[PDB]
Structures are given as structure tokens and as C-alpha cells.
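Structure of interest - contains CPI-0610.
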Amino acid sequence: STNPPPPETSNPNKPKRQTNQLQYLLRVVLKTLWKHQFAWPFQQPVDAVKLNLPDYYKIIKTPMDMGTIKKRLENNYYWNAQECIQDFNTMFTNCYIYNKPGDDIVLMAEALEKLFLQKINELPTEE
Ligand SMILES: Cc1noc2c1-c1ccccc1C(c1ccc(Cl)cc1)=N[C@H]2CC(N)=O
């Protein structure tokens, strides 16, 4: 039983920019969420082998995690903030698909998502 290869965190043939929104997304949004007591399960790809979740990557075909997003930000992988926000959304959606309402992992995701939305409600001037 193996995990899949993780998502790419660089790609020279994908357009990219440094923008004020993307800088904020790393410096403020990601960095703040990272320090939350409920960040830890979302700080790396799901290790389905270690966690003994053999069906995880049968159900979840578009993995995404904050460790990946951090790397993407640091490497200027994104063209715009919206692309990074989409990744965060995929992370949350995955968690809500694989688990169920009331699970502890879902309480963790819901708290992170609430905080995320608060942080992103106001960004720097778009570019
Ligand atoms: C992300 C993600 N989505 O699902 C899971 C994770 C996850 C990642 C790393 C460590 C643990 C997990 C947890 C989990 C469960 C309880 C608590 Cl308190 C904390 C985390 N759950 C699995 C699914 C599972 N059913 O085990």
C-alpha cells in the first residue's frame, strides 16, 4: 500500500506572479492558520498508509493540504490569490467529503475554514 505522489509545488511552465494579495495569503493567512491548535492534520498531505486509511485516495482524487499551499506560495507558484484560495477550498472540501458531520476532524476543519474566511474577507488591492 502506497500513498500517491504529492501535489506539485513548482512548475516552470505554469504562469506565476508575486502579488500583494498572494504575499498576504502567505504572511498573514497561512501563517496565522498554521499556528492554530487545529492546524496539524492539514499541515502535510494525508499519509493514508500511516493513518491506515486505505480508501482515502479512492474517494479523494484531488488532494490538497496547507503544507503544499505553503510551498506553492513560497515558490511563487500562483498567478493570483484566487488560485490559492481555491486550493484552501479543495483542502476543506476533501475533509468534508471523507469524514462526516460531528467528527472531530470536521470540527477542526470548520474552525479553520471560519478563520480563513475571516482573514480573506479583506485583502490587499488586487493585481
Ligand atoms: C485531513 C484529514 N482528513 O481526514 C483525516 C485527516 C487527518 C490527517 C492527519 C491526522 C489525522 C487525521 C484525522 C484526524 C482524526 C481525528 C483527529 Cl482529533 C484529528 C485528525 N482523520 C483522518 C480521517 C480519519 N477518519 O482518520
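The residues of chain A that appear here are 42-168 by the PDB entry count, in order. Looking at the header, which is where the method is noted, we find X-ray crystallography, 2.2 Å. As the structure lists them, so they are numbered: ligands from 1, and atoms in each ligand from 1.
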Help me with this one: what macromolecule has the most contacts with CPI-0610 (ligand 1), named as in UniProt? Bromodomain-containing protein 4
Under 4.0 Å from a heavy atom of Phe83: give me the atoms of CPI-0610 (ligand 1) that qualify, with their elements. 1 (C)
Counting from 1, what CPI-0610 (ligand 1) atoms have a heavy atom of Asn140 closer than 4.0 Å? 3 (N), 4 (O), 23 (C), 24 (C), 25 (N)
Mind checking whether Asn135 contacts CPI-0610 (ligand 1) via backbone (N, CA, C, O), side chain (CB onward), both or neither, at a 4.0 Å heavy-atom cut-off? neither
Which UniProt domain would you name for the part of chain A holding most residues in contact with CPI-0610 (ligand 1)? Bromo 1
CPI-0610 (ligand 1) and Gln85, any nitrogen or oxygen pair closer than 3.5 angstrom? no
Just wondering, where does chain A come from, per the PDB? Homo sapiens
Have a look at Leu94, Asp88, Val147 and point out the one with the heavy atom closest to atom 26 (O) of CPI-0610 (ligand 1). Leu94
Check each of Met149, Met132, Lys141 against atom 17 (C) of CPI-0610 (ligand 1) and report the one with the nearest heavy atom. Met149
Could you pull out the residues near CPI-0610 (ligand 1) at 4.0 Å? Heavy atoms only, by chain and number. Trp81, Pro82, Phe83, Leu92, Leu94, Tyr139, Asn140, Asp145, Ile146, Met149
